[PDB]
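Working notes, beginning with the structure itself.
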Amino acid sequence: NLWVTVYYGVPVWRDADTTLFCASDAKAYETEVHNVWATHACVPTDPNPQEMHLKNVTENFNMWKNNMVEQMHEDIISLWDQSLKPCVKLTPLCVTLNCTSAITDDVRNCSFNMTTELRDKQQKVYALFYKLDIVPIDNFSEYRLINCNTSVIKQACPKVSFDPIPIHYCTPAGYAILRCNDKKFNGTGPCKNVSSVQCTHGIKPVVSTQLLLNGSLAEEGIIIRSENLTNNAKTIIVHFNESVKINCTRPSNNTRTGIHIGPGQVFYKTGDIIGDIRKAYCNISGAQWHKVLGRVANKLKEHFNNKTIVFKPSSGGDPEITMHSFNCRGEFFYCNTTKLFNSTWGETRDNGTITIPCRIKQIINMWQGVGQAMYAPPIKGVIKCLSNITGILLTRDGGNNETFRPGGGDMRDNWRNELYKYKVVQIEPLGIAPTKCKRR
Amino acid sequence: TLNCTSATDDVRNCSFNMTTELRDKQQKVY
Amino acid sequence: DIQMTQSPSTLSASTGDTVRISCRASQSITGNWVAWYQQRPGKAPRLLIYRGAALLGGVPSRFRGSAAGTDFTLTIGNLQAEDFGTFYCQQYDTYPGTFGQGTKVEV
Amino acid sequence: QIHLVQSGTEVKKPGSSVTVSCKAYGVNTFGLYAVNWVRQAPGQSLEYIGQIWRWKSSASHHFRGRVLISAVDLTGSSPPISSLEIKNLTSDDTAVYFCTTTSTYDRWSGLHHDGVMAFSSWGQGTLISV
Amino acid sequence: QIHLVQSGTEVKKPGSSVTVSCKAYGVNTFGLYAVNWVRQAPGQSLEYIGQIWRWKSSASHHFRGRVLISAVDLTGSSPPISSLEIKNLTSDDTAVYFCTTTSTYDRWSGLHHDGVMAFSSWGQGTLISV
Amino acid sequence: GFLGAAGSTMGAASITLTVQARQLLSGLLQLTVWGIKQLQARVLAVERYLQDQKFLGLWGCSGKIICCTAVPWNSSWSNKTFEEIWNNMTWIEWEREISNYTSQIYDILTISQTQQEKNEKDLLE
Amino acid sequence: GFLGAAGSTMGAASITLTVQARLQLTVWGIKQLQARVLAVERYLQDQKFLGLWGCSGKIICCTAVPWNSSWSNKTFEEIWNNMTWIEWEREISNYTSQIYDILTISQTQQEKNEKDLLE
Amino acid sequence: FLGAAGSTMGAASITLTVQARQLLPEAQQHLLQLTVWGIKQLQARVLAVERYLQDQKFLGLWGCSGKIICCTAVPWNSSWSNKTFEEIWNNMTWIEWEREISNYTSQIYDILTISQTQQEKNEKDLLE
Ligand SMILES: *[C@@H]1O[C@H](CO)[C@@H](O[C@@H]2O[C@H](CO)[C@@H](O[C@@H]3O[C@H](CO[C@H]4O[C@H](CO[C@H]5O[C@H](CO)[C@@H](O)[C@H](O)[C@@H]5O[C@H]5O[C@H](CO)[C@@H](O)[C@H](O)[C@@H]5O)[C@@H](O)[C@H](O[C@H]5O[C@H](CO)[C@@H](O)[C@H](O)[C@@H]5O)[C@@H]4O)[C@@H](O)[C@H](O[C@H]4O[C@H](CO)[C@@H](O)[C@H](O)[C@@H]4O[C@H]4O[C@H](CO)[C@@H](O)[C@H](O)[C@@H]4O[C@H]4O[C@H](CO)[C@@H](O)[C@H](O)[C@@H]4O)[C@@H]3O)[C@H](O)[C@H]2NC(C)=O)[C@H](O)[C@H]1NC(C)=O
Ligand SMILES: *[C@@H]1O[C@H](CO)[C@@H](O[C@@H]2O[C@H](CO)[C@@H](O[C@@H]3O[C@H](CO[C@H]4O[C@H](CO[C@H]5O[C@H](CO)[C@@H](O)[C@H](O)[C@@H]5O[C@H]5O[C@H](CO)[C@@H](O)[C@H](O)[C@@H]5O)[C@@H](O)[C@H](O)[C@@H]4O)[C@@H](O)[C@H](O[C@H]4O[C@H](CO)[C@@H](O)[C@H](O)[C@@H]4O[C@H]4O[C@H](CO)[C@@H](O)[C@H](O)[C@@H]4O[C@H]4O[C@H](CO)[C@@H](O)[C@H](O)[C@@H]4O)[C@@H]3O)[C@H](O)[C@H]2NC(C)=O)[C@H](O)[C@H]1NC(C)=O
Ligand SMILES: *[C@@H]1O[C@H](CO)[C@@H](O[C@@H]2O[C@H](CO)[C@@H](O[C@@H]3O[C@H](CO[C@H]4O[C@H](CO)[C@@H](O)[C@H](O)[C@@H]4O)[C@@H](O)[C@H](O[C@H]4O[C@H](CO)[C@@H](O)[C@H](O)[C@@H]4O[C@H]4O[C@H](CO)[C@@H](O)[C@H](O)[C@@H]4O)[C@@H]3O)[C@H](O)[C@H]2NC(C)=O)[C@H](O)[C@H]1NC(C)=O
Ligand SMILES: *[C@@H]1O[C@H](CO)[C@@H](O[C@@H]2O[C@H](CO)[C@@H](O[C@@H]3O[C@H](CO[C@H]4O[C@H](CO)[C@@H](O)[C@H](O)[C@@H]4O)[C@@H](O)[C@H](O[C@H]4O[C@H](CO)[C@@H](O)[C@H](O)[C@@H]4O[C@H]4O[C@H](CO)[C@@H](O)[C@H](O)[C@@H]4O)[C@@H]3O)[C@H](O)[C@H]2NC(C)=O)[C@H](O)[C@H]1NC(C)=O
Ligand SMILES: *[C@@H]1O[C@H](CO)[C@@H](O[C@@H]2O[C@H](CO)[C@@H](O[C@@H]3O[C@H](CO)[C@@H](O)[C@H](O)[C@@H]3O)[C@H](O)[C@H]2NC(C)=O)[C@H](O)[C@H]1NC(C)=O
Ligand SMILES: COc1cnc(-n2cnc(C)n2)c2[nH]cc(C(=O)C(=O)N3CCN(C(=O)c4ccccc4)CC3)c12
Ligand SMILES: *[C@@H]1O[C@H](CO)[C@@H](O)[C@H](O)[C@H]1NC(C)=O
Ligand SMILES: *[C@@H]1O[C@H](CO)[C@@H](O)[C@H](O)[C@H]1NC(C)=O
Ligand SMILES: *[C@@H]1O[C@H](CO)[C@@H](O)[C@H](O)[C@H]1NC(C)=O
Ligand SMILES: *[C@@H]1O[C@H](CO)[C@@H](O)[C@H](O)[C@H]1NC(C)=O
Ligand SMILES: *[C@@H]1O[C@H](CO)[C@@H](O)[C@H](O)[C@H]1NC(C)=O
Ligand SMILES: *[C@@H]1O[C@H](CO)[C@@H](O)[C@H](O)[C@H]1NC(C)=O
Ligand SMILES: *[C@@H]1O[C@H](CO)[C@@H](O)[C@H](O)[C@H]1NC(C)=O
Ligand SMILES: *[C@@H]1O[C@H](CO)[C@@H](O)[C@H](O)[C@H]1NC(C)=O
Ligand SMILES: *[C@@H]1O[C@H](CO)[C@@H](O)[C@H](O)[C@H]1NC(C)=O
Ligand SMILES: *[C@@H]1O[C@H](CO)[C@@H](O)[C@H](O)[C@H]1NC(C)=O
Ligand SMILES: *[C@@H]1O[C@H](CO)[C@@H](O)[C@H](O)[C@H]1NC(C)=O
Ligand SMILES: *[C@@H]1O[C@H](CO)[C@@H](O)[C@H](O)[C@H]1NC(C)=O
Ligand SMILES: *[C@@H]1O[C@H](CO)[C@@H](O)[C@H](O)[C@H]1NC(C)=O
Ligand SMILES: *[C@@H]1O[C@H](CO)[C@@H](O)[C@H](O)[C@H]1NC(C)=O
């Protein structure tokens with residue numbers, strides 16, 4: 001005769017959704033310079049990790065239903081908003097800018113009237129404005145800033161540093177995170193080597209548009225991950241075994257000068273370039289792009305019926321979708337990517353370093369399509385940044401060849417490569433079994 | 001100030017000046 | 001391996017009358033692993049109840065199931081013309097899956 | 001949504017082979033799904049043949065050594081496809097056939113149990129007579 | 001605030017009947033409050049005659065059958081009113097009388113216990129002599 | 001609360017049940033984005049432990065890993081014998097099998113504990 | 001805490017106690033957070049007392065403290081047969097602190113004596 | 001609560017009855033606000049709750065379950081300490097002792113857990 005017996009601590013789990021907090025590395029803040037990401041607030045500092053290898057257990061993983069990616073998108077949108085709430089409103093400067101109009105520079109020098117510290121008086125100021133920000137309104141023709149009909153602009157506070165640093169997402173007691181640990185893990189399917197991990201590996205919050213930078217490379221081969229390999233409206237994310245290196249610089253040094261637009265408010269304007277006027281560029285090695293591009297073509301061949309693969313330059317859109325976009329050191333850039341993504345594999349082998357032109361811009365708009373926007377203040381020194389590209393985002397063209405065009409930016413797709421292997425599963429400790437003992 | 005036609009929930013059709021998105025130029029709104 | 005039988009084998013009923021079709025298994029399905037089907041004439045069967053008494057989405061609520069040991073039953077209250085057809089009873093407990101003999105309900 | 005379509009009808013003679021293939025519009029992949037082959041009978045109850053579950057083919061004890069099962073999931077142009085082949089065809093094979101799928105993403109739902117599962121979405125069926 | 005007022009003095013004779021009514025100002029309802037009747041003989045100690053609590057009337061065994069207690073609550077024009085009528089009057093009935101009120105909204109205050117109470121507010125008096 | 005040793009059957013895992021407790025310790029004033037998440041996380045853990053300990057306490061086990069309860073086994077809840085329950089069925093599989101009779105089991109355990117409590121007072125007089 | 005059976009005499013209700021039981025900031029969200037802490041906090045408080053006296057999870061806990069008639073004067077039958085629980089707890093509401101202290105001291109004294117027996 | 005901490009271990013052990021007795025409070029008033037003072041109380045509540053829950057969590061795993069004097073059948077290894085009962089309980093305070101043996105608290109906790117779970121397993125065998 002069996003009798004009911006109760007156990008605490010049995011190995012059982014069910015899927016779940018929870019608030020996962022941020023934990024960061026030992027270094028406080030970011031070496032004492034405040035970040036947009038507020039890493040200093042989020043520092044339940046990371047202790048040595050414990051990982052247990054679940055043995056003989058198989059789990060099913062789908063990466064397009066993960067709630068971990070959805071939480072991150074919201075947290076990053078919010079951290080930027082809290083950072084720019086104290087900063088100056090640039091509403092005084094939505095006035096007619098009379099700029100001199102007519103190799104060529106993008107500067108377009110302009111003149112406008114602006115409010116002084118005393119409310120009654122006014123001043124006339126001159127600033128160098130990139131052609132990308134200013135839109136013609138219909139010598140010395142009138143112009144206006146791009147976001148004067150759809151958005152309120154707020155200057156970035158000068159000291160905050162947009163340096164992306166690793167953020168680890170950790171789970172409260174009673175919940176666990178599970179990592180797939182399987183080579184060439186297609187993202188969606190049954191997974192055999194699951195391990196129980198307390199907190200995610202560091203993810204750099206870097207947002208980029210056509211090429212994924214400073215990411216983590218895949219373990220054994222190039223992997224194509226997409227939500228519906230049949231739809232032409234779903235982006236294809238490619239992950240690379242090995243990295244290609246891109247170095248980007250703005251060669252000509254400029255000056256920043258500050259104008260007082262109100263009581264206590266300063267707008268920093270770009271100044272005349274000392275030294276030689278020069279154009280920004282990004283250097284990618286010719287041999288390396290071609291080898292890695294060649295491998296992406298073979299993988300695309302397998303899932304696409306062995307047709308020839310034609311890569312073409314991006315068709316149209318706002319500047320972000322058409323051009324590679326990234327922040328080098330507080331300065332957003334929008335480089336031309338046609339030389340990189342113009343070829344037919346199924347194969348240019350030119351091996352000379354490829355230099356792609358870059359045009360910078362200063363008024364940046366929220367990707368969601370919401371009304372608000374930001375202005376990024378000028379950076380005084382020459383800027384150089386070195387980076388590794390670990391992925392491409394490509395989207396297929398409308399129905400003997402398939403044409404793939406470079407892809408734009410949904411902030412989420414940047415991190416899907418990073419969080420494909422994690423699932424939060426709740427642990428239910430209690431259990432009842434039939435045993436032979438019998439005594440209350 | 002609203003310049004509303006008078007003796008001309010009724011409506012009293014009105015005229016006033018308003019600020020365009022540009023901080024200098026102004027419009028007339030009915 | 002296991003065998004299942006369903007009775008009443010053929011039934012007659014009018015609109016607005018409760019129907020009591022029962023299912024019996026040779027073994028004791030204590031895990032409540034039983035499913036119910038209802039196919040219209042010349043049509044593929046459709047799942048209606050799984051795990052004894054669980055309803056699928058987009059299905060009329062008049063279908064109800066009861067499960068207790070060996071006796072599995074399905075109750076159709078306030079019958080309509082759309083719900084006539086052939087009903088089935090299957091076990092998902094042990095390999096291979098098995099199906100009920102097959103019962104038809106007619107006007 | 002989910003929709004299943006199989007091949008057409010065939011009329012053949014004993015000592016031959018015939019295959020029917022189902023094309024599922026709505027199944028993202030067969031890794032977290034499963035295909036169950038069920039053969040209806042001319043007047044009798046439905047029967048079970050075999051399945052592909054985590055790309056592990058199997059068949060019932062009454063069809064072992066004859067029926068073969070294979071499947072290919074999402075491609076560039078085609079949806080997932082699963083196929084059944086009848087070898088050494090006989091008079092007893094004169095019945096309709098169905099290809100069926102049930103979801104396997106959550107263990108706790110109750111639509112599956114240790115590989116023996118229900119049949120959620122049913123195809124139209126292909127009458128085959130010999 | 002709370003204030004009680006009663007009738008004036010009366011000089012009666014045996015075999016008659018007299019009534020004393022107290023009107024309470026500041027008492028919202030007699031449902032929450034309770035009304036207790038006490039008579040003080042000159043020199044001698046105070047005594048308990050009767051009460052109306054939750055609209056139920058009662059009197060002490062000694063005074064039962066000779067005393068009537070009635071009450072009416074708020075009326076746009078008047079405050080809540082309670083009345084006592086002595087019947088079959090005798091010489092021993094010569095005393096001042098008081099009408100009192102105690103809060104009984106909450107049972108954890110200690111002023112009332114099961115219908116026996118400590119009278120918080122005491123009226124002025126209505127001397128009756130015969 | 002353990003993860004790991006989930007693949008093994010009851011007979012293997014139960015021996016290491018001791019180990020689950022054994023090896024290890026076992027088991028904000030800011031309105032920033034990270035700070036509020038931390039507040040919610042703290043409450044979630046405390047609340048969960050207390051719910052689990054409240055459920056354990058009512059049956060009178062009182063914070064012990066293996067608890068014997070004087071409740072006879074009902075053949076409606078299950079059929080399999082001790083060997084084929086404890087030799088080839090994992091804990092997740094079993095808890096999925098008997099997920100329709102957890103509420104009744106809990107109620108029976110609570111009623112049995114209350115009855116045992118009442119029967120004790122009588123002995124003491 | 002079973003409301004219901006609150007108008008019955010102590011003896012009857014005692015028999016029927018068979019079973020005991022069973023972020024964002026917005027106007028609603030803060031209220032929900034406060035409601036959670038209130039419950040956790042409350043449960044812990046009764047448990048802290050019970051455990052100090054040695055009860056530890058028993059609905060009915062027997063204690064060695066004797067009854068002093070300066071707390072009550074009535075007999076067992078008067079107290080149990082005709083007094084409801086809200087009447088008795090109001091009737092002895094002046095001697096709860098002393099009772100709590102006496103049970104705590106008695107539990108500690110029993111706790112100390114056992115160590116002596118074990119040597 | 002702390003008090004009379006200067007006495008030796010033996011002197012303060014017989015006064016542990018006073019420490020336990022007399023309610024061994026503030027911040028219990030519900031506010032539901034987000035002012036400067038409204039958040040500090042909200043955090044203090046959680047701090048107290050977590051501290052008490054952690055302490056009672058550690059206590060329970062060794063089979064004490066809310067008793068002040070918890071006896072355990074774990075032998076004393078001389079590596080943790082040399083001194084005898086008199087030298088421990090006659091001329092040493094609790095702070096002194098807990099600072100002396102602060103390198104062997106984790107091992108002591110682990111050994112107590114092993115002993116409790118092994119004793120728990122032994123009983124099930126006897127019952128069958
Ligand atoms: C919210 O909504 C609620 C529901 O709608 C509402 O609740 C109701 O409120 C109203 C008030 O607005 C309540 O109505 C009042 O109730 C009073 C209580 O009456 C009870 O008690 C008397 C007396 O009881 C003794 O006598 C009887 C009969 O002899 C015995 O059977 C008793 O056991 C008891 O005897 C014991 O006690 C004696 C001492 O008093 C001892 O001597 C004795 O030995 C015993 O120990 C009863 O008569 C009443 O019974 C009534 O009901 C029964 C059925 O159950 C009937 O059979 C019976 O005939 C009665 O109808 C009851 O038990 C009433 O006294 C009060 O009556 C006055 O008002 C009405 C009009 O409403 C008049 O018609 C009536 O004449 C009374 O007026 C007198 O008093 C006022 C006060 O100032 C005077 O101004 C007035 O002039 C008059 O005085 C004159 O006549 C007197 C003779 O009566 C005389 O003595 C005077 O000297 C003077 O000449 C009234 O009806 C009602 O009960 C509530 N109901 C409920 C369910 O709650 C609530 O108000 C609402 N809230 C708000 C804010 O609105
Ligand atoms: C994300 O990333 C993951 C990780 O990489 C990726 O996962 C991979 O997905 C692949 C699919 O894309 C998947 O590959 C398929 O695997 C299928 C399973 O193969 C196993 O089983 C078969 C059959 O097993 C039978 O038979 C053998 C030998 O007879 C026997 O030994 C077995 O025991 C078993 O017999 C049992 O059952 C019998 C009945 O079935 C019974 O009779 C027996 O008695 C016994 O009981 C084995 O042969 C295999 O070796 C495997 O063990 C596999 O079937 C499938 O093959 C098809 O595709 C190949 C190309 O990839 C072709 O080369 C092959 O011929 C198959 O193509 C046939 O089927 C399609 C379907 O329509 C048809 O269109 C074709 O024309 C062709 O049909 C023709 O030939 C067949 C005969 O073969 C005839 O019957 C037809 O009539 C036609 O004439 C795939 O190979 C891979 O396993 C999986 N990897 C992992 C690790 O999971 C995932 O896909 C990625 N996701 C995305 C979206 O990209
Ligand atoms: C990834 O993305 C791709 C592309 O978007 C997607 O593939 C498409 O999926 C949809 C389903 O969401 C498919 O639409 C269904 O297709 C079937 C099959 O039709 C075939 O045959 C016709 C005629 O020859 C062809 O034109 C067609 O292209 C197919 O080859 C249709 O039968 C379905 O019809 C239903 O929709 C009708 C409205 O259009 C409704 O009237 C009705 O609901 C139809 O279903 C009804 O049919 C039963 C009879 O059979 C009837 O009795 C029932 O009442 C039932 O309601 C439907 O149009 C589309 O074909 C797919 N296209 C391709 C190229 O694959 C993938 O699904 C997607 N993957 C994921 C995981 O989301
Ligand atoms: C609902 O709303 C109504 C209307 O607002 C309210 O009724 C009124 O209540 C107030 C109390 O809040 C009553 O004021 C008291 O009335 C009594 C009775 O006065 C009567 O007699 C006089 C003289 O003949 C008339 O003028 C009057 O109209 C009444 O007929 C007064 O005696 C009270 O006097 C106190 O106030 C004096 C200042 O005016 C102070 O000098 C002193 O505090 C008085 O109290 C003193 O009296 C004792 C002697 O008895 C003395 O020894 C003490 O020292 C004590 O201090 C007071 O004015 C008012 O009359 C009510 N009016 C009506 C029409 O009813 C209800 O109360 C309210 N209900 C609720 C539940 O809130
Ligand atoms: C054994 O337990 C399982 C899960 O606890 C039971 O399954 C559940 O059955 C109920 C029956 O009322 C389902 O509720 C219904 O859900 C449908 C879904 O559309 C809804 O439309 C109905 O109105 C009703 O709410 C519930 O969904 C279902 N749970 C799951 C996860 O499927 C099962 O019934 C139990 N076995 C027996 C024999 O009772
Ligand atoms: C810059 O866009 C905002 C502008 N302004 C605000 N504002 C907050 N308060 C107010 C008044 N505006 C914003 N809040 C959230 C914002 C975002 O998260 C957001 O969309 N991205 C931030 C991350 N990223 C970039 O770095 C970026 C990177 C490479 C190339 C081009 C742009 C993508 C877009 C946001
Ligand atoms: C700018 O302000 C000055 C006042 O000093 C005024 O003379 C001038 O006309 C203004 N500019 C324009 C374009 O009106
Ligand atoms: C633009 O040019 C001048 C600057 O020389 C500016 O002050 C004026 O507002 C504009 N004049 C026109 C109409 O060209
Ligand atoms: C899973 O990964 C671990 C470590 O990466 C490895 O030891 C183990 O062999 C892997 N599992 C399988 C089935 O290969
Ligand atoms: C990816 O890189 C590794 C080494 O980094 C190499 O062994 C492998 O062959 C590469 N992938 C392919 C598909 O060649
Ligand atoms: C470039 O310009 C900046 C700003 O004037 C200056 O600080 C820096 O020294 C310049 N660099 C060189 C190499 O002249
Ligand atoms: C980019 O910089 C690295 C390190 O400075 C260098 O090795 C690499 O060659 C550079 N890229 C090109 C295309 O020269
Ligand atoms: C690419 O650059 C990143 C920048 O931190 C570095 O971490 C990574 O190791 C580099 N990759 C290789 C292959 O060196
Ligand atoms: C259920 O238990 C009974 C014993 O009462 C036994 O005869 C029967 O075979 C069992 N059924 C199964 C499926 O084990
Ligand atoms: C589990 O049960 C099956 C049949 O009941 C039996 O063949 C198998 O041996 C059992 N598992 C083990 C590990 O013995
Ligand atoms: C009654 O006994 C208690 C303890 O048993 C004591 O504290 C109290 O003082 C005693 N009462 C009297 C009046 O002695
Ligand atoms: C109340 O206590 C006194 C002495 O303290 C005792 O004489 C009396 O009998 C008690 N009351 C009853 C009803 O027994
Ligand atoms: C309790 O006392 C009241 C009044 O003192 C009485 O009416 C009641 O009958 C008593 N209880 C019992 C059970 O007799
Ligand atoms: C001391 O003895 C215990 C046995 O009670 C043992 O577990 C521990 O490892 C020993 N200490 C050392 C340092 O070996
Ligand atoms: C503590 O130890 C020393 C050893 O030198 C001893 O002399 C002293 O008396 C001890 N303390 C007490 C209070 O006895």
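So you know, we letter chains A, B, ... as the sequences are listed, proteins then strands, and number each from 1. This depiction is restricted to one part of the PDB entry, and every contact reported falls within that part. These numbers come from the heavy atoms of this one structure, side chains and all, not from hydrogens, waters or symmetry mates. In each ligand, atom 1 is the first atom listed, and ligand 1 is the first ligand listed.
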**Message:** Could you tell me which macromolecule makes the most contacts with ligand 6 here? Its name in the PDB entry would be great.
**Reply:** CRF01_AE T/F100 HIV-1 gp120
**Message:** I keep forgetting: which drug shows up at ligand 6?
**Reply:** temsavir
**Item:** Other chains closer than 4.0 Å to temsavir by heavy atom
**Value:** A
**Prompt:** Which residues make up the contact shell of temsavir at 4.0 Å, heavy atoms only?
**Reply:** A/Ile77, A/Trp80, A/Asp81, A/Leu84, A/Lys154, A/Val207, A/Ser325, A/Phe332, A/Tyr334, A/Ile364, A/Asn365, A/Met366, A/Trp367, A/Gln372, A/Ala373, A/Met374
